Structures are given as structure tokens and as C-alpha cells.
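Chain letters run A, B, ... following the sequence lines, proteins first, then strands; residues in each count from 1. Just so you know, ligand 1 is whichever comes first in the structure, and atom 1 is the first atom listed for that ligand.
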Amino acid sequence: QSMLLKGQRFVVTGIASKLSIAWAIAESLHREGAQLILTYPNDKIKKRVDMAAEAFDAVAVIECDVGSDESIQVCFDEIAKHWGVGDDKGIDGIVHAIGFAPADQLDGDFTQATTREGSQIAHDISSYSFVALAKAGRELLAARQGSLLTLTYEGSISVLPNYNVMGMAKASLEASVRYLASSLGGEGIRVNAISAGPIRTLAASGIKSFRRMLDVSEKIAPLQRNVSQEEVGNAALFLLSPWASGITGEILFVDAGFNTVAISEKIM
Amino acid sequence: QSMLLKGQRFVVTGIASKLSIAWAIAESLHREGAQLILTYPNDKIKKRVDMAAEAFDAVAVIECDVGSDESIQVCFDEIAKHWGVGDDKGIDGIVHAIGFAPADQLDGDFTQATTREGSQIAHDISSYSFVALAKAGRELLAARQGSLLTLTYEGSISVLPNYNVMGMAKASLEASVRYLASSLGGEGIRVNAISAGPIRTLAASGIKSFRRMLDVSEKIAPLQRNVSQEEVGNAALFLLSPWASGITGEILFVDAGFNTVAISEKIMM
Amino acid sequence: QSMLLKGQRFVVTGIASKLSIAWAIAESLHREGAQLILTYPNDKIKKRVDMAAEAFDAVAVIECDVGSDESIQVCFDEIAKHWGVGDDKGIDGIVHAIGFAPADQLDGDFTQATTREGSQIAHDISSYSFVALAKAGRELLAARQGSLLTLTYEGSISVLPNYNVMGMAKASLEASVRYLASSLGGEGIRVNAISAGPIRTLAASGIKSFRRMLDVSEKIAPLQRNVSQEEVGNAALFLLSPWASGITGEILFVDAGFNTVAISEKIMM
Amino acid sequence: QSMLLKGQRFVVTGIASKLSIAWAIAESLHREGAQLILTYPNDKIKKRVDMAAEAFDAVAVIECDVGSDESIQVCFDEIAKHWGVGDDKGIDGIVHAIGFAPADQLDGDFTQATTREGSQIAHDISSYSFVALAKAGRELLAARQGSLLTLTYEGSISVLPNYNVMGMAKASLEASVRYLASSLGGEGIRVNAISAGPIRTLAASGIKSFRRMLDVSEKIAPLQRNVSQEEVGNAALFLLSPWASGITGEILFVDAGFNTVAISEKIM
Ligand SMILES: NC(=O)c1ccc[n+]([C@@H]2O[C@H](COP(=O)([O-])OP(=O)(O)OC[C@H]3O[C@@H](n4cnc5c(N)ncnc54)[C@H](O)[C@@H]3O)[C@@H](O)[C@H]2O)c1
Ligand SMILES: NC(=O)c1ccc[n+]([C@@H]2O[C@H](COP(=O)([O-])OP(=O)(O)OC[C@H]3O[C@@H](n4cnc5c(N)ncnc54)[C@H](O)[C@@H]3O)[C@@H](O)[C@H]2O)c1
Ligand SMILES: NC(=O)c1ccc[n+]([C@@H]2O[C@H](COP(=O)([O-])OP(=O)(O)OC[C@H]3O[C@@H](n4cnc5c(N)ncnc54)[C@H](O)[C@@H]3O)[C@@H](O)[C@H]2O)c1
Ligand SMILES: NC(=O)c1ccc[n+]([C@@H]2O[C@H](COP(=O)([O-])OP(=O)(O)OC[C@H]3O[C@@H](n4cnc5c(N)ncnc54)[C@H](O)[C@@H]3O)[C@@H](O)[C@H]2O)c1
Ligand SMILES: Oc1cc(Cl)ccc1Oc1ccc(Cl)cc1Cl
Ligand SMILES: Oc1cc(Cl)ccc1Oc1ccc(Cl)cc1Cl
Ligand SMILES: Oc1cc(Cl)ccc1Oc1ccc(Cl)cc1Cl
Ligand SMILES: Oc1cc(Cl)ccc1Oc1ccc(Cl)cc1Cl
Ligand SMILES: [Ca+2]
Ligand SMILES: [Ca+2]
């Protein structure tokens with residue numbers, strides 16, 4: 001409870017449950033005195049975004065299915081009504097916390113499991129959607145010299161069992177972080193990612209052997225534990241804050257050091 | 001002219017002209033005594049693949065538009081007729097040398113220029129196609145314990161003007177190199193990539209400011225020059241050869257050292 | 001002026017002038033309500049550390065030449081007197097902001113300029129010193145579950161003119177960040193680095209063509225500018241703070257995005 | 001047995017036994033028709049270098065303790081007698097296959113085990129020695145537009161138990177690959193490294209849990225096995241060959257894919 005984001009405004013995608021990393025990012029931003037707009041992709045998920053809206057006193061709760069150009073365009077329309085008008089216009093940040101590939105893509109042998117359409121959807125929802133948000137948000141961001149933040153996973157650069165086409169999408173996503181940074185930096189907009197360690201979330205639960213992943217990680221990670229959503233929330237807060245004014249194009253690992261260790265006493 | 005690939009067989013995609021990197025890869029494999037099957041995506045491009053078939057005495061010239069599952073499945077059917085059968089069955093390698101994004105994606109400001117469909121096509125043709133080839137060729141490869149090779153570019157990990165959506169696709173492609181390696185290694189199949197520096201090819205010609213890119217590169221690269229197609233051909237030959245038996249999941253830079261320099265003396269120029 | 005480091009304690013090396021990156025790190029920690037101990041390697045430099053002691057109300061100003069095991073051991077003795085004792089014992093962080101190689105190592109052609117002793121001194125003062133601080137400070141750090149922070153430069157992973165032996169030392173330093181993280185993590189100690197872009201500091205001033213380096217950087221960096229000491233100070237504050245509790249072994253670039261660009265439009269200039 | 005290095009000359013350091021990676025590199029170069037000069041750091045090790053000299057018909061066997069400027073200067077003196085004179089002067093390559101840190105540095109907890117002098121020696125012998133060879137060899141290399149090759153290990157960029165200060169040295173070494181490449185490229189000299197997976201060698205045997213490292217690696221590596229010295233030999237041959245004319249500053253992993261996998265069914 002400091003007051004680092006007093007009067008700052010953020011759009012937060014990807015809340016699905018109390019376990020969502022985006023939930024904790026919202027919580028961190030709210031704690032620090034920012035105002036929030038929260039998005040949801042459909043009615044089932046709206047139920048849970050509404051709970052988050054209540055807990056964080058969201059300014060609005062707007063539909064945003066990042067699969068639709070119409071949905072995104074309309075969503076940023078609504079946001080502009082609230083935050084695009086009058087004396088203090090603009091937004092300080094947009095949080096992209098959205099991943100999807102069809103479940104079959106992440107079940108078993110990579111070459112067997114990957115399909116043309118699976119790949120298409122994985123890249124579209126998990127990677128292009130970040131640039132889609134940047135396109136719709138550009139002017140709002142430029143007005144306040146805000147930043148974009150996405151979430152990635154080590155699966156982009158190292159192989160983790162079953163991660164498969166999501167690895168291809170995350171690698172694609174991370175390239176976009178760099179291209180957007182180069183594209184938007186001249187307007188004072190920063191673009192960054194957090195590479196989170198494994199955390200029990202709705203999506204996480206869906207991956208074969210994720211539980212085992214969680215166990216192994218704890219035994220590899222220098223801190224001898226996994227990270228919590230709160231720890232990613234705080235790191236996100238930093239990157240979204242004026243304190244990160246010199247940082248763009250950056251991938252920040254929040255994984256208890258996991259990415260730095262090839263083998264531990266897994267040996268034993 | 002050594003004889004390092006005597007009696008070995010390779011499928012080579014991506015020949016579009018005498019300037020194609022894939023042309024030089026074919027040339028290197030042929031020089032070393034390998035047999036080739038060459039593929040073409042359409043009739044216009046067949047004209048030039050046929051010239052390469054003549055120069056390299058290709059075993060066959062088969063249609064392969066990597067945008068179509070049908071086209072790929074048919075293509076690897078044809079290749080199975082030639083190479084799938086008998087006591088000598090299998091292929092030693094498949095060379096993926098195919099990139100595409102709609103031209104508009106690579107024209108100016110990244111955020112402005114990138115579109116949902118542009119992205120879709122870029123990843124589909126430039127990245128997924130590599131796994132598509134691995135899927136169709138797996139059995140043929142396993143029979144000889146062959147390898148796959150693709151071509152990437154530094155645009156995956158560093159920003160280069162206009163490269164844009166192709167950078168996203170190349171990053172995706174490189175992740176697939178790693179996933180395919182993990183997936184196919186237990187069947188003795190290796191999967192690798194070459195990150196070539198900039199070279200004047202038909203696709204290269206089409207990128208705004210490519211000529212200028214070429215000029216700056218020459219002044220940044222430790223060897224004070226750009227690489228030729230032949231130098232990529234030779235490196236590809238190595239990775240496709242039994243000499244690279246211990247190497248998989250690898251990205252090998254053939255860029256005269258360009259990727260290792262942040263700034264050169266040019267500090268002046 | 002928030003109060004994020006209320007009642008936290010930090011040791012800050014590497015203040016040599018008002019321009020030092022370590023000066024701004026001290027300033028950020030003080031601004032946020034932390035107490036500081038500041039170190040100096042010799043009497044000439046003490047003059048400037050004393051000015052920083054006045055501005056930031058340092059708890060103490062202690063000698064610490066990281067070239068001497070004795071000097072370090074004595075220094076951490078003194079700091080233990082102040083901060084080692086009682087129900088509040090321990091330190092929240094140690095800031096390593098020390099680089100040195102003999103000037104001749106950084107003057108021109110790398111192979112010509114690098115010497116056995118130059119290399120020895122560069123690694124000893126620039127890299128081993130970080131583990132030296134971790135060894136002397138381990139117990140104090142563990143008591144509060146604090147962290148170590150060093151400063152590196154892209155010269156470790158990419159070539160920059162004249163950086164030379166300092167590039168070898170920084171690469172070594174970054175490996176130590178990882179080994180220390182692995183070694184100390186089980187005691188709840190985090191170990192991280194900031195890779196700062198180029199900034200006019202006393203050491204920076206001494207590098208041939210640094211001014212030119214600064215000019216090109218500004219034209220390559222996505223933000224179209226260089227960073228200030230303050231921006232490194234703020235990022236350092238974060239990594240030293242409880243907000244970075246889940247982050248260890250990390251190299252965080254604070255360079256306005258410079259490291260992510262291979263070539264900009266400058267293709268022209 | 002092709003004839004790719006006909007009439008080419010290479011200096012090969014680091015032969016200590018038949019298990020030395022440098023042994024197999026010599027073997028690969030000889031097989032392909034190159035002539036070799038072999039070096040040894042002292043009399044004990046000379047016994048084994050002499051066996052290699054017999055097997056590969058070395059042109060000379062010269063002393064080179066890379067700890068001494070005198071020793072290196074004298075060594076390259078002798079080499080110049082053989083290969084620096086007359087019509088066809090120069091060398092096509094120098095193979096650096098030398099690592100050392102005092103044994104205590106690699107036994108147990110990194111922070112406990114590392115010492116000021118241990119670090120000094122590790123960097124001096126394992127990293128500076130590569131530039132020392134480049135300095136002494138520059139003119140011989142430039143005459144034939146030869147290349148330098150060193151050997152590194154993933155320990156530089158990822159943590160492996162006990163590798164410790166050798167990790168710091170290897171990271172330093174790899175930076176030197178890049179600096180030397182930049183420095184010498186204008187004279188047509190290339191500079192590269194191979195990052196070999198774990199292989200049973202004299203030095204390897206000396207590291208606590210190396211045997212376990214070997215076991216774990218086999219279960220992580222995509223090829224489901226470790227690499228042999230021969231496979232590194234062949235890759236070294238390529239990098240030292242005219243076929244690698246476009247390649248400088250490169251780290252080439254010869255590790256059966258190990259570096260690319262964060263976790264396998266170590267999970268199981
Ligand atoms: N260990 C981990 O859980 C972990 C680690 C690193 C990265 N990540 C990344 O974190 C981000 C958030 O995921 P999470 O782990 O908190 O899981 P989660 O299930 O809480 O969040 C995933 C979100 O994606 C949203 N989404 C899916 N398709 C959408 C669409 N078409 N339009 C809009 N939203 C859509 C879902 O509604 C959901 O809120 C993802 O990008 C994920 O890949 C997760
Ligand atoms: N500087 C460079 O030229 C450079 C640098 C590194 C990477 N590469 C990569 O090397 C590969 C070859 O490109 P190039 O420079 O030799 O140019 P090129 O124009 O010769 O090759 C591109 C090839 O892709 C083919 N292709 C496009 N869509 C296809 C489809 N649907 N089905 C089948 N083939 C299709 C074209 O027919 C053509 O042969 C590409 O992956 C490219 O991105 C090029
Ligand atoms: N552009 C930049 O300025 C830049 C970029 C990134 C990295 N860094 C790193 O940041 C750190 C601080 O450098 P700076 O640029 O602020 O310059 P500076 O000249 O202010 O700092 C270098 C410091 O090292 C100290 N030092 C040297 N030998 C010492 C010894 N034996 N014992 C104790 N202290 C000793 C000097 O007293 C001085 O305070 C260094 O590690 C430097 O390499 C600087
Ligand atoms: N798994 C592995 O064995 C492995 C993997 C990757 C990297 N490497 C690297 O391979 C290289 C060769 O080592 P190896 O594994 O074949 O072991 P090895 O014991 O066969 O070779 C090490 C060599 O270093 C030499 N050396 C040590 N100090 C010297 C000095 N002062 N002057 C000259 N020579 C000196 C020794 O005489 C010996 O020949 C080393 O650089 C090593 O770090 C080894
Ligand atoms: O990327 C992730 C990485 C981890 Cl370790 C855990 C959860 C993740 O998030 C996802 C994983 C798969 C799918 Cl289909 C969608 C999402 Cl959001
Ligand atoms: O990847 C490349 C990199 C460079 Cl430097 C030059 C050409 C390249 O190849 C392409 C670039 C754009 C498109 Cl649309 C298609 C292809 Cl094949
Ligand atoms: O690492 C640095 C990087 C830059 Cl861009 C500028 C200054 C740096 O700091 C040093 C450079 C050389 C020496 Cl001898 C000592 C120090 Cl502190
Ligand atoms: O670097 C190596 C890496 C591995 Cl996995 C195995 C052996 C290696 O080589 C050495 C390791 C330690 C020391 Cl003291 C000296 C050398 Cl030559
Ligand atoms: Ca980082
Ligand atoms: Ca490589």
C-alpha cells in the first residue's frame with residue numbers, strides 16, 4: 001500500500017478466476033491507487049470479471065474477445081468514452097494476459113499433436129492479439145506515454161513437455177514485444193513482457209503434467225520454491241510504473257530463478 | 001568436390017531463381033554427390049525449378065505448396081514412390097527454405113502495417129509449414145536417421161526495419177526447431193536452422209530498404225563483408241551431413257559475424 | 001517520494017562523483033526512506049563519498065577496496081557493528097557498482113591491447129569482487145533475506161568498440177550472478193544485475209569514442225534517447241525491494257531498448 | 001576419409017589422453033589430410049602427446065604452458081620455424097582445448113568454494129590463454145586466412161552443479177570469441193567456439209557428480225544420448241574448414257540438443 005499509481009489508469013485483460021495472474025496484477029495496480037477497466041471474452045467469464053470489478057471498484061467492465069477485430073474496436077470505443085475525453089485523457093497501460101491454443105495441440109508428441117489450424121489459432125489468440133491491443137490502444141497510450149505489458153513463458157526459448165505450439169506462439173509474442181517497442185518508442189510508449197514461472201491457474205491446470213512441472217520447478221529454482229501470482233503482480237506494477245521509464249523491449253523473468261539453472265540436485 | 005554425400009538423398013524446397021539460397025544449397029548437395037528432389041509451389045515457379053533440375057540432375061520435380069495439407073501429402077506420396085521403398089529406403093534430409101508474408105506487412109511502421117490476416121498468413125507459410133514438412137516426412141527421415149533444416153534470420157531476436165511480421169514468424173519458426181528436435185530426436189532425427197545474414201535474393205529484393213540493410217551490414221560484420229549463397233550452401237551441407245550427427249536444436253549463424261556486433265566504427269559513417 | 005524502503009538498510013559501493021550510477025542508486029534508496037552505508041576505495045575518492053554521505057545522511061562511510069580481502073573483511077566488520085546486531089539484525093541489500101581494467105586494455109584493437117595482467121586485473125576488480133562482497137555479506141543478507149545487485153553492460157554479449165577486456169569481465173560477472181543466485185537462493189538471498197545503457201560517468205568519460213557511442217545509441221534505441229542515472233536508480237530500487245521477491249538470477253536491461261535493435265533507420269545517418 | 005583439409009596445417013593444444021576432446025579433433029583433421037603440430041604443457045603430459053604424435057604423424061611436438069608468456073612466445077617461435085617460412089607460409093588454424101581451475105573451486109557451494117586466487121587462475125588459464133594464442137598466432141593465421149577454435153560449456157550461460165568459477169571463465173572465454181572475431185575479421189581470420197555436451201575426459205572425471213551429470217543429460221537431451229569426442233571432432237573440422245568461411249563469432253552447440261530443453265520426462 002504505497003501510492004505509486006495515484007490517478008493512473010490501466011486496462012486489464014485475462015481475468016478468468018481469482019487464480020488468474022491478471023487478477024493479482026489488477027490487485028497490485030488497485031492497491032497502489034490506480035483505476036482499472038477490466039475486460040472479459042464472453043458471458044461465462046464475465047461472472048468472474050464482475051467479482052473482480054466489485055473487489056477493485058473497476059471503472060468499467062467491457063467485452064473484448066481478442067479473436068474479433070470488431071470486438072476489440074468496440075471495446076476500445078467504450079474505453080475511450082471513459083478515458084479518452086476531457087482534460088486528462090489517455091491510459092497509462094494495457095495488460096495483455098491472454099493465451100489460448102486448442103487443447104489437442106498440448107496433448108503429447110509435438111509433431112503428432114500440432115495441426116495447421118491449431119497453430120493458426122494459437123498464434124492468432126496468443127500473439128497477434130497483443131499487437132491488436134496495441135493498434136487499438138496506440139492513441140490512448142500516447143496521450144499519457146503509457147506502456148504495454150504481456151505475459152510469456154520460458155517455453156518460447158526452451159522446451160517444456162506438452163507446451164508445443166504455445167511455445168511457437170510465445171516466441172512469436174516476444175518478437176512482437178520488440179517490434180512494438182521499436183514502433184511505439186518514438187511516441188514515448190514502452191513495451192515489455194514478464195516471463196512468469198509456473199503458477200496454478202485455470203489455463204495452467206489444463207496442461208498434461210503441469211502439476212509435475214510445478215514439482216520439478218521447485219527443485220530446480222534457486223529460491224527452492226515457485227512464485228505466486230502476487231509476485232508477478234508486483235513485477236507488473238513496476239514495469240507499468242514511472243519507475244520503469246528507462247525500460248522497453250524487455251523480457252523480465254519472474255520465475256524464482258528457474259530459467260538460469262540447467263540441472264540442480266535433480267542429480268540426486 | 002569431395003564425395004561426402006555419396007548415395008544420400010535430400011528434398012529441397014524454396015528454389016525460385018538462380019539467386020535463391022535453396023539454389024546454392026542444392027548446388028552444394030549435388031557437388032558432394034547427393035541426389036535431389038526439388039519442389040515448386042506453382043507453375044510460374046516451376047520454370048525456374050526445372051532449370052535447377054537440369055543443372056543438378058534432380059531425381060524428380062514435384063509440386064509442393066506448403067499452404068495446402070493436400071499438396072504436401074500428395075508431394076510426399078510422390079517422393080515415397082521414388083525414395084520410400086526397398087532395402088535402401090528413406091531420405092537423409094529435408095530443406096525448408098520458404099518464407100512468405102503479404103507485402104503490406106513489411107511496409108513501414110510495425111503497428112500500423114501488421115494485420116490479423118497478414119500475421120495468420122506469415123506464420124502459416126513461414127513457420128507452421130516447417131512442422132507440416134516434418135509431419136509428412138517423419139517416416140522417410142526416420143528410415144535413414146536424417147534431419148530437417150530451415151532458414152531463419154536475426155529479425156527473430158533483434159529488430160530490423162520493415163522485417164515486422166516476418167520477425168514474429170521467424171521467432172515462431174525457431175521455437176519449432178526446438179520442439180521438433182525434442183519430438184523427433186528419439187527416432188534419430190535431427191532438427192536445425194541456419195540464421196543467414198542478408199543476401200540479394202528474389203524475396204530479399206522485395207523488402208523496402210534492403211539494399212541499405214545490405215550496406216550497413218557490410219560495415220558492421222566482423223569480416224567486413226556480407227556472405228554469399230554458397231557460404232550458406234556449405235554450412236547447410238554440414239548440418240545435413242553425418243558430420244553433424246551430434247548437433248540438434250541448433251541455430252547456426254552464417255552472417256560473417258553480424259549478430260555479434262552491437263556497434264562498429266561507423267560510429268563515424 | 002513514497003516510503004517503500006522504510007527501515008531497510010543497503011550498502012552502496014561505487015560512488016565516485018555526482019555522476020556515478022551508484023550516486024543515483026543511493027539517491028533512489030534514500031528518497032524511499034532507506035538507510036545507507038557508503039564505501040570508498042581510497043582517500044581521493046573519500047572526498048566525493050563524504051559529499052554523498054552528507055546528502056543522503058549515511059549511517060557510516062567505510063573503506064572498501066575490493067582488491068583486498070583484508071579491506072573487504074574489515075569493511076564488513078565495521079558494517080556488522082552498525083547493522084549486524086540485535087532483534088533487527090541484517091541488511092536488505094548490497095549494491096556492487098565497481099568496474100576497472102587498466103586503461104591500456106580499452107585503447108584500440110582488442111588482440112593487440114589485451115594483456116595477461118590487464119585481463120587478470122579486469123576480472124579481479126570487475127567480476128570476482130562481486131563474489132567477494134557476497135562472501136563477506138552473506139550472513140548479514142540472510143538475516144533479512146536481502147539481495148545483491150551488480151551493474152553490467154551489453155559489452156558482455158555484444159561487441160562494442162574498445163570495451164575489450166571489460167566485455168570478458170562483464171560476461172564473467174553475469175555468470176557469477178547466476179552461480180551466486182543458485183548458491184544463495186536456499187538462504188532466501190536474491191542475486192540480480194542491471195545492464196545499463198551508456199551514461200556519462202567518470203569511468204565512461206575515460207573510454208575512447210564514448211561520446212560517439214552515446215550518439216549512435218540515441219539513434220538506435222527505441223525510445224530515441226539514452227537513459228539517465230535516475231532511471232537506473234529506480235530500476236535498482238525495484239530489484240532491491242520486496243516487490244522483486246520472485247526474481248533472482250535476472251539481468252534487467254535499462255537501456256531505452258538499445259539491446260533489442262540490430263539496425264535502425266540510420267541506414268541513412 | 002574425404003580430403004577436405006589437403007595441405008592444411010593446424011596447431012592443436014589440449015591433448016592429455018586418448019579421451020581428450022583434442023585427441024578426436026586431431027584425429028578428424030589428420031583423417032582429412034591436414035598436418036598437425038601438437039603442444040604439451042609439461043613432461044608428464046608429453047608422454048601422451050607423443051603417442052598422439054605417432055598416431056597422427058605430427059610435424060612437431062612443442063611445449064606450450066599457456067600460463068607463461070615466455071612459453072607461448074617460444075612455442076610459436078618453433079612453430080614459425082616449421083610453418084612460417086618459404087613459399088607456403090602460415091597456419092590454417094589453432095585449436096584451443098584447455099581449461100583449468102584449482103580443484104577446490106569446483107567442490108561444493110559456489111560462494112563458499114570460490115577464492116580470489118582460484119578465480120584469477122581459472123580466468124587466466126581457461127580464458128585469457130585463448131587471446132594469448134591469438135596474439136602469438138595472428139601473423140601465421142593471417143598469412144593463410146586461418147581461424148581460431150575454442151571449446152566451451154553450457155556452464156557459461158546456465159548453472160550446472162559444481163561448475164562454479166569455470167562457468168565464470170567460460171562466459172569470459174565466449175566474450176573473447178566475439179572480441180577476437182571483431183578484431184581479427186578484417187584480416188580474414190575467423191574465431192569460433194564449440195559448446196560440447198558432457199563427455200568422459202580426464203578433466204571431466206575430476207568434477208563431483210560429473211557421472212550423474214552424464215546420466216541426467218542422456219535423459220534430457222533430444223537425441224536421448226550423450227555425444228562422443230568424434231562428434232565434436234567432426235564439428236571442429238567443419239568450423240576449421242573452408243566450408244565455414246561465412247561463420248565467425250559463433251558458438252556451436254554439439255550436445256545432442258541438451259541446451260534446448262528445460263525439462264524432459266525427468267518429470268517421470
Ligand atoms: N504458470 C502460468 O500460469 C503462466 C506462466 C507464464 C505465462 N503465463 C501467461 O499468463 C497469461 C494469463 O494466463 P493465466 O495463467 O493467468 O491463466 P488464466 O486462465 O487465468 O488466463 C488466461 C486468460 O486468457 C483469456 N482468453 C482466452 N482466449 C481469449 C480471447 N479470445 N479473448 C480474450 N481473452 C481470452 C481467458 O479468458 C483467461 O482470462 C497467459 O498469456 C499465459 O500464457 C502463465
Ligand atoms: N537475406 C536473405 O535472403 C535471407 C536471410 C536469412 C533467411 N532467409 C530465408 O531463407 C529462405 C529462402 O529465401 P531466399 O532469400 O532464398 O528467397 P527466395 O525468394 O529465393 O525464396 C523464398 C521461397 O519461398 C517459396 N514459397 C513461398 N510461398 C510458398 C509456398 N506456399 N509453398 C512453397 N514455397 C513457397 C518461394 O517460391 C521461394 O522459392 C526463406 O525462409 C527466407 O526467409 C533469407
Ligand atoms: N554507461 C555506463 O556508465 C555504464 C553502463 C553499464 C554498466 N556500468 C557499470 O556501472 C558500475 C559503475 O560505473 P559508473 O559508470 O557509475 O562509473 P564510476 O566511475 O562512477 O564508477 C566506477 C566505480 O568503481 C570504483 N572502483 C574501482 N576500483 C575499485 C576498487 N578496487 N574498490 C572499490 N571501488 C572501486 C570507482 O571508485 C568508482 O566509484 C560499473 O560496474 C560499470 O562498469 C556503467
Ligand atoms: N564434457 C567435457 O569434457 C567438456 C565439455 C565442454 C567443454 N569442454 C572443454 O574442452 C576442453 C578440453 O578438455 P577435455 O574435456 O578434453 O579434458 P582434457 O583433460 O583432455 O583436456 C584439458 C586440457 O587442458 C590442458 N591444460 C591445462 N592447463 C594447461 C596449461 N597451463 N597449458 C596448456 N595446457 C593446459 C591439459 O593439459 C589438458 O590437455 C576444455 O577447455 C574443456 O573445458 C569439455
Ligand atoms: O502459458 C502458460 C504457461 C504455463 Cl507454465 C502455464 C499456463 C500458461 O497459460 C496457458 C497455457 C496453455 C493455454 Cl492453451 C493457454 C494458456 Cl493462457
Ligand atoms: O527472411 C528474409 C530475411 C532477409 Cl534479410 C531477406 C529475405 C528474407 O526472406 C523473405 C523475407 C520476406 C518475405 Cl515476405 C519472404 C521471404 Cl522468403
Ligand atoms: O562498463 C561500462 C560501460 C560503459 Cl558503456 C561505460 C562505463 C563503464 O564502466 C567502466 C568502463 C571501463 C572501466 Cl576501466 C571502468 C568502468 Cl566502471
Ligand atoms: O569444461 C568442462 C565441462 C565439462 Cl561438462 C567437463 C569437463 C570440462 O573441462 C574442464 C572442467 C574443469 C576443469 Cl578444472 C578443467 C577442465 Cl578442462
Ligand atoms: Ca531480462
Ligand atoms: Ca549457434
Open item on the list: Out of curiosity, which chain makes more contacts with ligand 7 than the others? Name from the PDB entry, please.
Closed with: Enoyl-[acyl-carrier-protein] reductase [NADH]
Open item on the list: Not sure I'm reading this right - what drug is at ligand 7?
Closed with: triclosan
Open item on the list: So, with a 4.0 Å heavy-atom cut-off, what else is touching triclosan (ligand 7)? Just the chain letters, please.
Closed with: C
Open item on the list: Quick check on contacts: which atoms of triclosan (ligand 7) are under 4.0 angstrom from a heavy atom of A101(C)?
Closed with: 14 (Cl)
TODO: Answer with yes or no whether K170(C) contacts triclosan (ligand 7), where contact means a heavy atom under 4.0 Å from a ligand atom.
DONE: yes
Open item on the list: I'd love to know the other ligands and ions under 4.0 Å from triclosan (ligand 7), if any.
Closed with: ligand 3 (nicotinamide-adenine-dinucleotide)
Task: Taking atom 11 (C) of triclosan (ligand 7) as the reference point, the nearest protein heavy atom with its distance - done: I207(C) CD1, 3.8 Å
Open item on the list: How far is atom 10 (C) of triclosan (ligand 7) from the closest protein heavy atom, and which atom is that?
Closed with: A203(C) CB, 3.7 Å
Open item on the list: Within triclosan (ligand 7), which atoms have a heavy atom of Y153(C) less than 4.0 Å away?
Closed with: 3 (C), 5 (Cl)
- [ ] Give the numbers and elements of all triclosan (ligand 7) atoms closer than 4.0 Å to a heavy atom of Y163(C).
- [x] 1 (O), 2 (C), 3 (C)
TODO: Answer yes or no for atom 8 (C) of triclosan (ligand 7): protein heavy atom present at a distance under 4.0 Å?
DONE: no
Open item on the list: Does the residue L106(C) have a heavy-atom contact with triclosan (ligand 7), meaning some pair of atoms that are separated by less than 4.0 Å?
Closed with: yes
Open item on the list: Which of the numbered atoms in triclosan (ligand 7) are under 4.0 angstrom from any heavy atom belonging to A204(C)?
Closed with: 6 (C), 7 (C)
TODO: Report the binding site of triclosan (ligand 7) using a heavy-atom cut-off of 4.0 Å.
DONE: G99(C), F100(C), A101(C), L106(C), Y153(C), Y163(C), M166(C), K170(C), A203(C), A204(C), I207(C), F210(C)
